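Structure of interest - contains bromocriptine.
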Amino acid sequence: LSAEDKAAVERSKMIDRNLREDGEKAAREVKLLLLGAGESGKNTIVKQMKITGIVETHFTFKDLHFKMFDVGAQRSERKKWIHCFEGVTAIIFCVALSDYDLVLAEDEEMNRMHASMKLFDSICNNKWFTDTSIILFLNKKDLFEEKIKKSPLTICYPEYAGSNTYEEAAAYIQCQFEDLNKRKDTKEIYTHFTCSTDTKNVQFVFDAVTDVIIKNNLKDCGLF
Amino acid sequence: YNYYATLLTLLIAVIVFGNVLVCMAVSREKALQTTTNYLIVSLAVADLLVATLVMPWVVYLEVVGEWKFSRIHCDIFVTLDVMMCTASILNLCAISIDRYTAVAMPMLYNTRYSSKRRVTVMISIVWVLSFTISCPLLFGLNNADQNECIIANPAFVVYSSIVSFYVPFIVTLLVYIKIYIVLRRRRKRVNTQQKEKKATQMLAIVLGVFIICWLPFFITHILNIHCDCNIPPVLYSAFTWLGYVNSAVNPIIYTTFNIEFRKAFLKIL
Amino acid sequence: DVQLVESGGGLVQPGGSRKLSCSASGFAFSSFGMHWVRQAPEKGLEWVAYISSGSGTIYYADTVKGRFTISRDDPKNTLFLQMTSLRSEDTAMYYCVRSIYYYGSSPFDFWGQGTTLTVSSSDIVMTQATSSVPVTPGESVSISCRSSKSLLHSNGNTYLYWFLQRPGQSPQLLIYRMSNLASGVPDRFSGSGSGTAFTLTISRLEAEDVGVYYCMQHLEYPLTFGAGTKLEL
Amino acid sequence: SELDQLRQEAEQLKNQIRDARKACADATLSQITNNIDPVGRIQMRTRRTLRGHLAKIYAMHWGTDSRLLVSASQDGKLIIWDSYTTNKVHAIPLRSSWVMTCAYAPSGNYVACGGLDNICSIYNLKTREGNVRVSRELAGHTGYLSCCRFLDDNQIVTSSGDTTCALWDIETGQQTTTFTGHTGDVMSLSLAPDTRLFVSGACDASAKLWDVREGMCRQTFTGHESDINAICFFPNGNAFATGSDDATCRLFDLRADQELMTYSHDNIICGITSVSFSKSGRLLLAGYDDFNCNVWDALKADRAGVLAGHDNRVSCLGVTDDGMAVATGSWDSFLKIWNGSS
Amino acid sequence: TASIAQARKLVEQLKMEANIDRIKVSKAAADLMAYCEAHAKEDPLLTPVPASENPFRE
Ligand SMILES: CC(C)C[C@H]1C(=O)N2CCC[C@H]2[C@]2(O)O[C@](NC(=O)[C@@H]3C=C4c5cccc6[nH]c(Br)c(c56)C[C@H]4N(C)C3)(C(C)C)C(=O)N12
């Protein structure tokens, strides 16, 4: 083995060392997906937590690196790039509560809330995310309380009891997204009501991600 | 007793059958190559060493009732028997620490590179400490006669038993309790269920089998010295076999109950 | 662009300790494998030491073994040669050389300006047929170089390197691995040969082609330069 | 008055061009290849197992010298390999970790890679410094880039998710020609050997060949019922081979202007991540995402061999210019190199 | 007027492709088969090269 060849192997060993170290850093940071309509309060979470194509936001809360991918800018078909995101810890899924009466811009036959549920049904029941838990945020809590009194939730749902108060309707909206989940043993939905406080939103993500990691660890260990 | 020998022969097959399948399954499937499973392989390999290097010699001794082999051969047999059994017990403490790491400090266990380093450290410590404990026996501190070769020095066994069995058992019992405390607390928080129920079942089964099998034999040795009272020989023999039975039961308790491993069993069958 | 400037030396008593510092700027210093080459006044080049990338494998020459130590600091981008127990033979010009190693790479491509350290008072023997040939610009000149050992390795390429050193200038790579051309050399230079007796053919000489031509082997350490062919216009 | 008037003339032309294809379809390729000898079992062993990746491998391209190969991975690292000696030549830290494609230049100087970031970053390998820097960050696409093939050191054709292919100028850093013909997300690219034409299949189940000189859709091929993921040319440049999610590879011909063969088996229902050809073109290497690669016979549609050494699904496989070895890269982070044994 | 503009381009594009002259499959199949036969010996994957000539050795 010549001197040029031996030094080339020595270079590869140096490449191997740096590539293994970068992979160790990549394992430590927690990837989490972000799906939203784009006008449904997804932007509000990204600016609060931080304080075309993919948008990457890096934030650290408590001894942990969070990597977030904002993939709502791409208008292409999801089927041919969602398989990249198979290995991911969670899926933050932003849905505004104010979208129940507002009609969708492109076709206006279907409501915005129904369109978000169609997006939720695709991502949740996807074959790539059979084990990846989803974190669901209800963004426009403040606006929803004012709007519900003016306009009831009956316009969105043919079948609904008609309570027309925040405490029970919001819980029903939470129930509707959870019911769309077909697999309940492998993946669990973590619903949250987004508030203006910056710490509270990041705290729920840290709690949920830690909970999801323990589930992955216990499954690998075999106590499950 | 020839009839008593026949049932013991069957046990040898059971230990080999379970342990060989689990070791082969881990190598074939990348899903079974995770951090905790590597320590389970260590236990399965240790059980095979009990099944092959230790078990026929124990069976043979029961039939003849007297040590007919050379004096040097018995010292090797005593050294292997103590080391491989200690390796099995210490592996369970290693699994305990590994499982506790996952729950208490999830960040360390999640990262693949750090977890791989832990497995190398854990397997090294378990096998070397078992060798260290059995190292004085190899030199010749077994004070047996040439006719019948049994461990006859009481002083050495007391110190050895504490490190081999008692100290990990205190750790193993405490660790699984601590794991159960977090799982019980987590269950209450979620309620304020199927995964938690199975997890509660697994913790009781793991500690239970270890207490049923290994614990009787070691209790007798301490009890005999303190009481200064005679005990029948059969009791030592019976409890020794019971401790060996756990090696047969070790793949079933750890590997079989997990859902992913069940697919590997179907492929073999 | 890239620049290697090494300083330190010029007045050392024999037996003293002089530390040579090579300051590297303008390139990724951590990737390259550094070489120290020494050139005595009006004599051929000799290889002193090599450190790989990352300080993994450090090779020394037989004459400088045990007396000289080569060190590199990667954040400050500085190459240090500590020279101890100097002799009368150690009066030479030390060049800081950077080399990269991969498939298709051009090692020994960039060369330091050089510092003069003067003092007060087995392997592949690379020989060349002639020492100085008077030639005119515009005609084809063939400089030969005969190796003692066959430079052809089992992988396929023969590791002979041609270096041009102008009067009062630093050497430069112009042909690496006997067939390929470096970055910046014109296509008038062409290396040929087979097995042992390698040769270099210039198509057309110019004013910037005058100098001394060396032929370093690189099959195995120590690296051996031949006694170079001086060219006079 | 005009919307439906042109919708009926469009369906008439479509009907008028399928009758021409049928009329010139007296024989199939299943009839002109019965008299020739079969290929036999092509048992290719795993010569090398390029490892060092810690994440999924999306694309890999070969070199002109048939030795170096470039790999695109999920971990944000573009690694140039040495297939013979198995040692890393380079490993570029990428700005985006979602690199869907990568090519190696025909001269060996540059390497391009784009992904979900929608920019095909062209890295200069043979540079004066040590590290491999960014020559240009080609920007202007709206969707994800699925291929970035090189015509030469100055021109790069790129396929994107915004239903447009674009012929980029590397020097100026701007599109010189934009190929807007598809209604679905474009997934493949394949340059012809004479570098004048290129076909690219999209998610509208259609492969269109564009000329680079004029810039318009020369021909349009149909027949698939699902999305076309990977196309490569037969080494003439007269036929390409598509790969769809219906477990069917078709052999469209450019002069015959229709399909020749249908490479589909009953037991496979999975997608076709990558298609490739040998130097002669007899073996059609197709990479299925049921964890292995089937060595199809191009002339006879017979599964000559199976490359079954990958644990996870093979994504990109390429064959060298001299045709020596086929390197298949799967999502288990191993670039196994396969070669026949005598 | 977006639908009308798209329709005009699609109709015009189809007319262009229709004018392209296309040969028979039998002639086209024979030419593709001819390339395979001509370069059958050169191909290492079709006919496996010996290990000495093979750059990839175990
Ligand atoms: C320890 C003494 C008190 C028991 C003694 C004895 O009194 N025997 C009477 C008949 C059977 C025989 C014995 O049990 O059978 C013998 N072997 C054993 O009892 C083996 C010795 C053991 C042991 C001794 C000291 C420290 C230890 N740490 C660990 Br973990 C073990 C261990 C495992 C345990 N294995 C399971 C049994 C002979 C066949 C070698 C023996 O030594 N026996």
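Residue numbers start from 1 in every chain, and the chains themselves are labelled A, B, ... in the order their sequence lines are given, proteins ahead of strands. Each ligand, and each atom within it, is numbered from 1 in the order the structure gives.
- Going by contact count, the macromolecule most engaged with bromocriptine (ligand 1) is what UniProt calls D(2) dopamine receptor.
- Every other chain with a heavy atom under 4.0 Å from bromocriptine (ligand 1) is listed here: B.
- Between B:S237 and bromocriptine (ligand 1) there is no heavy-atom distance shorter than 4.0 Å.
- Only the side chain of B:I89 comes within 4.0 Å of bromocriptine (ligand 1), counting heavy atoms alone; its backbone N, CA, C and O stay farther away.
- Distance check on atom 43 (N) of bromocriptine (ligand 1): every protein heavy atom falls at or beyond the 4.0 Å cut-off.
- Protein non-hydrogen atoms do reach within 4.0 Å of atom 20 (C) of bromocriptine (ligand 1).
- The contact set between bromocriptine (ligand 1) and B:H221, taken as ligand atoms under 4.0 Å from a residue heavy atom, comprises 3 (C).
- When heavy-atom distances to bromocriptine (ligand 1) are checked against a 4.0 Å cut-off, B:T86 comes that close through both its backbone and its side chain.
- Put simply, atom 40 (C) of bromocriptine (ligand 1) has protein non-hydrogen atoms near it, under 4.0 Å away.
- Atom 15 (O) of bromocriptine (ligand 1) is not flagged as protein-proximal [any protein heavy atom, distance under 4.0 Å].
- Contacts between B:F218 and bromocriptine (ligand 1) below 4.0 angstrom, taking non-hydrogen atoms only, involve the side chain exclusively.
- In B:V78, the part holding a heavy atom less than 4.0 Å from any atom of bromocriptine (ligand 1) is the side chain.
- Using a 4.0 Å cut-off between heavy atoms, B:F217 contacts bromocriptine (ligand 1) through its side chain alone, with no backbone atom that close.
- For atom 5 (C) of bromocriptine (ligand 1), the nearest non-hydrogen atom of the protein is B:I151 O, 4.4 Å.
- Chain B, UniProt TM segments numbered from the N terminus, heavy atom closer than 4.0 Å to bromocriptine (ligand 1): 3, 5, 6, 7.
- Heavy atoms within 4.0 Å of bromocriptine (ligand 1) belong to B:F77, B:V78, B:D81, B:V82, B:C85, B:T86, B:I89, B:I150, B:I151, B:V157, B:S160, B:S164, B:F217, B:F218, B:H221, B:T240, B:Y244.
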Quick one: table the atom pairs, bromocriptine (ligand 1) N or O against protein N or O, below 3.5 Å, distance rounded to 0.1 Å.
from, atom 1, to, atom 2, distance (Å)
bromocriptine (ligand 1), 42 (O), B:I151, N, 3.3

